[PDB]
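Below, a PDB structure including triclosan.
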Amino acid sequence: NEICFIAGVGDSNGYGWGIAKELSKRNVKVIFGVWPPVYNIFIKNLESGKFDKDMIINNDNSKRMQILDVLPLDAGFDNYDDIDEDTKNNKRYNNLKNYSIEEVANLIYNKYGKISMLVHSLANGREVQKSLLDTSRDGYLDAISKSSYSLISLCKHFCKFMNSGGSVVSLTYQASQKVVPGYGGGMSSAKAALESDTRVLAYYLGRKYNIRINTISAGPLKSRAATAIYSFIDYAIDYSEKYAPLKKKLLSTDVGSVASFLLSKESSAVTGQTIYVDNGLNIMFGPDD
Amino acid sequence: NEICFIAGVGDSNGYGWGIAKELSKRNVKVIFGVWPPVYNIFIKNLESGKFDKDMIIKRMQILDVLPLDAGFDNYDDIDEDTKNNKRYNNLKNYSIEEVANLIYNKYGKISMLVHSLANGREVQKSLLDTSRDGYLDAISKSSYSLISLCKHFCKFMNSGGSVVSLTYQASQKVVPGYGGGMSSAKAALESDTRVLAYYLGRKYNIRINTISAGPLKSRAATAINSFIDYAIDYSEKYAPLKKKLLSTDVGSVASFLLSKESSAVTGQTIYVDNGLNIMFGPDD
Amino acid sequence: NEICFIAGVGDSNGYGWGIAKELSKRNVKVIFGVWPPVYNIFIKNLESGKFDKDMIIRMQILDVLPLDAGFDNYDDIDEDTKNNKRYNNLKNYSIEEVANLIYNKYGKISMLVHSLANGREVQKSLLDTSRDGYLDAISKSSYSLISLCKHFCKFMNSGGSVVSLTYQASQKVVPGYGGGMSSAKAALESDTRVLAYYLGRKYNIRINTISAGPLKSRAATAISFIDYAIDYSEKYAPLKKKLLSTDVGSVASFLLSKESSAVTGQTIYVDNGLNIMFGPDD
Amino acid sequence: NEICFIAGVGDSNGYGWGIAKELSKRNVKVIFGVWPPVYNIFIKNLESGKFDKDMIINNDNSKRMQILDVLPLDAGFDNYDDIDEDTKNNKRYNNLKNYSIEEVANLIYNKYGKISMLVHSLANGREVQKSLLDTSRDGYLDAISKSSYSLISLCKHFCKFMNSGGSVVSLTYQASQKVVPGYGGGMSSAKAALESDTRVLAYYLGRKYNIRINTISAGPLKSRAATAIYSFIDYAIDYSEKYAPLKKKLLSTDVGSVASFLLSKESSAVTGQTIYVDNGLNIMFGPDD
Ligand SMILES: NC(=O)c1ccc[n+]([C@@H]2O[C@H](COP(=O)([O-])OP(=O)(O)OC[C@H]3O[C@@H](n4cnc5c(N)ncnc54)[C@H](O)[C@@H]3O)[C@@H](O)[C@H]2O)c1
Ligand SMILES: NC(=O)c1ccc[n+]([C@@H]2O[C@H](COP(=O)([O-])OP(=O)(O)OC[C@H]3O[C@@H](n4cnc5c(N)ncnc54)[C@H](O)[C@@H]3O)[C@@H](O)[C@H]2O)c1
Ligand SMILES: NC(=O)c1ccc[n+]([C@@H]2O[C@H](COP(=O)([O-])OP(=O)(O)OC[C@H]3O[C@@H](n4cnc5c(N)ncnc54)[C@H](O)[C@@H]3O)[C@@H](O)[C@H]2O)c1
Ligand SMILES: NC(=O)c1ccc[n+]([C@@H]2O[C@H](COP(=O)([O-])OP(=O)(O)OC[C@H]3O[C@@H](n4cnc5c(N)ncnc54)[C@H](O)[C@@H]3O)[C@@H](O)[C@H]2O)c1
Ligand SMILES: Oc1cc(Cl)ccc1Oc1ccc(Cl)cc1Cl
Ligand SMILES: Oc1cc(Cl)ccc1Oc1ccc(Cl)cc1Cl
Ligand SMILES: Oc1cc(Cl)ccc1Oc1ccc(Cl)cc1Cl
Ligand SMILES: Oc1cc(Cl)ccc1Oc1ccc(Cl)cc1Cl
């Protein structure tokens with residue numbers, strides 16, 4: 001049976017969960033990588049059944065979402081040596097161990113073997129609520145460290161543990177290509193680098209492992225992280241539902257099925273791409289009223 | 001049960017056929033639209049089992065094979081010279097409008113539309129030496145044809161229905177050899193894919209995309225100018241994936257593009273070319 | 001002194017004029033190609049000094065010739081347009097004819113400008129456009145650029161330069177810019193690349209296109225499309241300047257100068273930066 | 001008379017120097033920011049008239065260039081408070097002071113007044129010789145701090161000290177948009193962020209200061225930096241000279257004159273842009289033989 005590691009799921013409200021669901025539709029088992037400060041919170045809501053409501057696969061619990069494992073993961077660190085004394089001291093990291101990208105890499109591979117799929121649905125900006133102009137070297141590089149370099153780290157450590165013909169997917173946002181005031185802290189710069197890095201990784205992973213990698217430029221989803229920004233997320237959504245060529249409402253599962261498709265053998269000739277999943281809003285010049 | 005009309009198949013060596021195959025895999029019934037000057041030959045091949053080897057997916061279910069000339073929007077457009085032409089006389093209802101009426105009357109609303117046709121008489125000429133008539137014909141048969149298909153079919157299409165066409169990267173990067181305004185036609189078709197996505201999306205909740213395919217030894221590709229053998233070899237040498245590109249590779253992306261699983265994708269140019277388009281140039 | 005041929009000026013309220021003006025600042029002489037059905041009126045208003053207002057800085061106009069970019073050479077003109085009152089007074093107006101006429105009188109020129117479009121169904125949506133309307137938009141607005149280059153480039157100086165004007169509805173959906181015009185503009189930008197390859201290798205001639213913002217030109221005024229677009233550009237572009245005919249003109253002048261001799265095949269945005277925005281910034 | 005501050009320059013073999021030259025012929029006065037480690041040498045080269053021939057502009061001989069001033073500048077530091085101790089006690093800096101970004105900006109405003117023009121021609125990355133996949137987070141983030149964030153810091157520190165309608169330009173390279181093996185260390189990512197940043201900065205500089213920013217995507221130049229990587233640069237120059245639509249050799253003043261134009265009021269309505277000065281190589285699909 002096939003497996004996909006989904007780095008960056010903190011609850012059932014994000015894109016990673018939506019991706020997990022659609023992979024369930026085609027019988028691949030999911031391993032989540034959870035950011036440590038919310039790892040217990042999560043494994044708790046999962047034990048109690050708060051997500052059973054969300055593990056329904058359209059045929060209503062005749063088919064379940066197979067969560068093979070859940071692990072602590074801080075893609076901010078590539079291996080143990082990188083971990084600083086203080087984060088080892090933190091009350092949220094005391095309990096937990098083996099959570100560097102290499103740690104979870106090795107762990108999964110030592111137990112489950114080679115896997116086929118790999119998802120990167122995480123990101124973080126310290127100063128996301130600052131304009132790129134008012135952003136500091138530290139915040140900027142933090143955004144980029146957490147949101148861009150993290151994909152590279154994942155590939156480096158995972159892709160030698162993956163099946164030939166395997167596939168990697170990440171999420172991005174169009175602020176990398178067109179100015180969205182409000183998407184700040186160098187998050188636009190991070191996405192811009194992610195997109196570029198997707199191509200360059202496609203070449204190395206393609207030639208070395210025959211592995212594919214693509215990124216989905218998603219439309220606005222009211223996830224937890226999204227919510228953070230005086231409701232920048234509500235505006236992007238009402239702007240989208242109003243002016244997209246497709247007046248539908250965007251679901252996590254819309255991105256979910258495109259990821260599932262990108263992760264399958266059905267797209268074995270597509271690599272290095274930014275595929276837009278935003279109800280066609282990227283094609284528009286502006287509001288059509 | 002879902003139906004797709006595939007305009008632009010004349011044998012089993014091109015992309016239309018590969019898309020048909022992949023659509024059969026998910027139980028989609030296929031109607032072929034066939035250029036009349038090649039129609040009776042294609043039907044004979046079919047009838048005598050030449051394509052049987054190539055029908056194996058069990059086997060592809062061809063619901064119908066109709067004559068279609070994507071240069072004619074309706075009956076009145078058809079000149080007498082072709083109405084009197086050896087290869088059209090016995091054939092009727094081959095306007096874009098007439099086959100859309102035909103198909104609609106015989107089967108009702110369809111859900112999927114495939115455009116996989118192109119034509120340009122001066123593709124041997126550099127753009128620079130291409131004539132106004134060559135250039136315009138290339139754009140008439142390869143770009144306008146797409147708008148007309150949509151204009152005539154999309155009244156007769158199920159909401160949430162989907163349209164895909166084929167393109168080539170010659171539109172965005174200079175490929176010498178790809179002439180007669182074919183590079184211009186592909187360009188217009190990519191832009192047109194956008195604009196139709198707005199009108200088709202708002203009006204009928206219909207999606208339209210285009211696949212930028214890599215090189216494939218189709219009969220058309222072969223008729224160009226040794227050129228395609230060079231493009232195939234260059235692709236298999238320098239793509240990120242060194243796999244060999246198959247019609248079914250484009251086929252499965254089209255199928256995905258023609259299904260509700262991509263119901264938030266529209267107006268897009270998708271590259272199915274083994275990653276070739278991301279490279280700067282040769283890596284040796 | 002260097003010469004620039006500018007096709008697509010029927011008045012002074014457009015981009016072609018702005019390009020002339022800015023070129024005049026550089027001591028480059030200028031030839032106008034004019035759509036015959038307005039050549040008689042243009043020459044008159046130029047007679048009466050009606051244009052002396054805008055000509056000043058002085059714009060030295062070498063010649064004004066009737067040019068119909070619908071016809072590539074003499075034999076393409078059909079019986080009917082020959083027998084039309086709009087043209088009657090005028091001959092030698094095919095792309096080839098004015099190219100020969102210009103070379104015979106002046107020799108090789110250094111600069112070429114394409115600033116003309118037309119389509120007869122620009123009023124209809126792309127989906128509502130017909131084959132003949134669509135193909136007309138493309139013939140006039142797009143192929144013509146290739147016909148100019150084919151005919152003028154053998155008569156140009158090694159190191160010569162060509163520019164045309166385009167609009168962003170080729171890359172992003174602009175309802176209102178219909179009739180296959182978005183379509184013609186998409187071709188034009190692509191063609192700018194392929195042309196750059198051939199012209200560059202064959203004659204060392206560069207070619208670029210400018211993607212310009214809204215201007216209240218004559219042609220723009222028949223669509224209230226352009227009024228809407230100017231308000232939108234002035235409200236949401238990164239720069240608040242009102243866009244000037246001569247802003248495009250000044251980038252043009254640059255592109256036609258040896259100061260840009262490493263730039264070719266490009267689409268250059270001269271639109272106060274508007275292209276770069278996701279949407280209205282309120 | 002207008003003044004331009006040119007960041008990355010150190011020997012007249014590069015593009016910073018080429019921009020200097022072409023601004024010169026427009027009678028603009030030029031100031032050099034120079035990386036401290038190479039600063040003493042550059043001034044000893046210059047005051048001994050070694051670049052005396054490179055300062056010549058038609059008419060020749062001659063009509064020379066005249067450098068208003070030359071400062072030390074480490075664009076990897078935003079303000080004094082940043083510059084650490086190890087570096088305070090480094091053989092190259094114990095001899096220099098006021099080289100932080102804000103330090104040099106303040107020094108210039110004080111002494112010269114507001115300036116019209118700003119040029120970013122600086123870049124650096126410790127691990128460029130590594131493929132993106134094999135690149136560490138430190139090397140990667142270094143590439144991006146020095147090569148990209150610099151553009152932002154400069155802009156943050158100079159914008160209030162700049163004339164209304166002032167212009168800024170940086171240099172990029174197509175490896176950000178198409179895979180260029182050999183361009184490792186996260187430089188490709190750096191340039192992608194840079195290009196994206198150019199757009200975002202154009203929004204903020206344009207609204208708040210009526211200030212323009214563009215970047216130039218240049219073709220290969222046998223500069224000192226490009227020399228470092230079995231000659232990546234010789235291959236790239238040859239490739240370009242063979243296959244570009246225009247067969248000429250590309251000179252630092254080719255980019256210099258495009259920059260001078262972008263830095264002048266002739267490009268009044270051009271901002272946010274990536275402009276290609278590469279003899280058209282960017283447009284070709286591949287080798288046309
Ligand atoms: N939501 C949208 O509107 C939208 C649009 C386009 C793209 N995206 C992208 O989709 C992806 C998923 O975002 P989402 O909206 O589902 O957010 P989310 O809040 O559902 O998921 C983000 C998760 O990443 C994890 N994370 C944060 N920092 C981490 C770190 N340092 N190490 C390891 N894990 C960390 C957190 O556990 C968090 O739950 C992100 O990359 C985002 O940029 C989102
Ligand atoms: N083969 C490749 O390498 C390649 C690569 C990229 C894109 N494409 C595109 O894929 C599409 C399919 O082409 P293909 O390579 O399968 O070639 P093909 O020869 O298999 O198919 C082209 C079809 O169009 C038909 N046709 C021509 N003129 C017509 C008209 N006026 N009306 C109706 N039909 C007409 C031909 O009979 C033929 O069946 C084309 O648009 C082509 O441009 C092909
Ligand atoms: N005005 C704008 O807002 C705008 C924006 C972007 C691009 N453009 C482009 O700039 C160019 C100039 O247009 P404009 O806005 O200055 O309008 P304009 O009226 O100044 O230019 C149109 C010119 O083309 C001429 N013309 C029409 N058909 C012709 C033919 N068959 N042969 C020769 N000439 C013909 C007209 O007589 C007129 O002189 C066009 O290519 C246009 O698409 C304009
Ligand atoms: N050389 C090329 O082929 C080429 C092509 C396209 C773009 N570029 C870009 O143009 C710019 C100039 O490069 P070049 O080719 O002139 O190389 P160069 O070596 O001539 O110039 C680079 C300058 O940056 C300086 N520098 C290095 N680290 C610095 C730091 N931490 N702080 C401040 N300054 C620092 C160097 O000392 C040098 O003066 C670079 O950004 C480069 O990426 C170069
Ligand atoms: O990428 C996103 C795009 C949008 Cl429209 C909404 C939310 C997104 O996700 C994030 C945005 C900023 C930060 Cl700091 C972290 C995350 Cl996960
Ligand atoms: O688009 C194509 C791209 C490639 Cl690489 C090969 C063949 C292609 O298809 C055509 C090319 C020219 C003409 Cl006249 C007709 C068609 Cl169908
Ligand atoms: O290209 C243009 C773009 C804009 Cl915003 C405004 C006017 C334009 O110019 C034209 C538009 C349509 C037609 Cl039929 C002819 C011309 Cl000259
Ligand atoms: O960007 C460049 C592109 C090219 Cl083709 C050549 C040199 C370049 O400049 C650099 C390349 C690498 C590093 Cl580490 C630093 C610099 Cl300044």
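Within every chain, numbering begins at 1; the chains are lettered A, B, ... in the order of the sequence lines, protein sequences first and strands thereafter. The basis for the numbers below is simple: all heavy atoms, side chains too, and nothing from hydrogens, waters or symmetry mates. Ligands are counted one by one from 1 in listed order, and the atoms in each one are counted from 1 as well.
Within this structure, triclosan can be identified as ligands 5, 6, 7 and 8.
Structurally, the greatest contact with triclosan (ligand 8) is made by what the PDB entry calls Enoyl-acyl carrier protein reductase. In this entry, the other chains with a heavy atom less than 4.0 Å from triclosan (ligand 8) are D. For atom 8 (C) of triclosan (ligand 8), the protein comes within 4.0 Å by no heavy atom at all. In terms of protein heavy atoms, atom 6 (C) of triclosan (ligand 8) is closest to D/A226 CB, 3.4 Å. In this entry, the organism cited as the source of chain D is Plasmodium berghei. For triclosan (ligand 8), one of its N or O atoms has an N or O atom of D/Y183 under 3.5 Å away. For D/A236, the heavy-atom gap to triclosan (ligand 8) stays at 4.0 angstrom or more. Closest to atom 10 (C) of triclosan (ligand 8), if we only count protein heavy atoms, is D/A225 CB, 4.2 Å. Distance from atom 14 (Cl) of triclosan (ligand 8) to its nearest protein heavy atom, with residue and atom name: D/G125 N, 3.5 Å.
When the options D/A228, D/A175, D/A123, D/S176 are ranked by their closest heavy atom to atom 17 (Cl) of triclosan (ligand 8), first place goes to D/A123.
Annotation for triclosan (ligand 8): atoms under 4.0 Å from non-hydrogen atoms of D/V128 are 14 (Cl).
The set of residues with a heavy atom less than 4.0 Å from triclosan (ligand 8) is D/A123, D/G125, D/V128, D/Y173, D/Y183, D/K191, D/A225, D/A226, D/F232.
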Present, as a list of atom pairs with distances to 0.1 Å, all nitrogen or oxygen contacts under 3.5 Å between triclosan (ligand 8) and the protein.
{"unit_1": "triclosan (ligand 8)", "atom_1": "1 (O)", "unit_2": "D/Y183", "atom_2": "OH", "d": "2.6"}

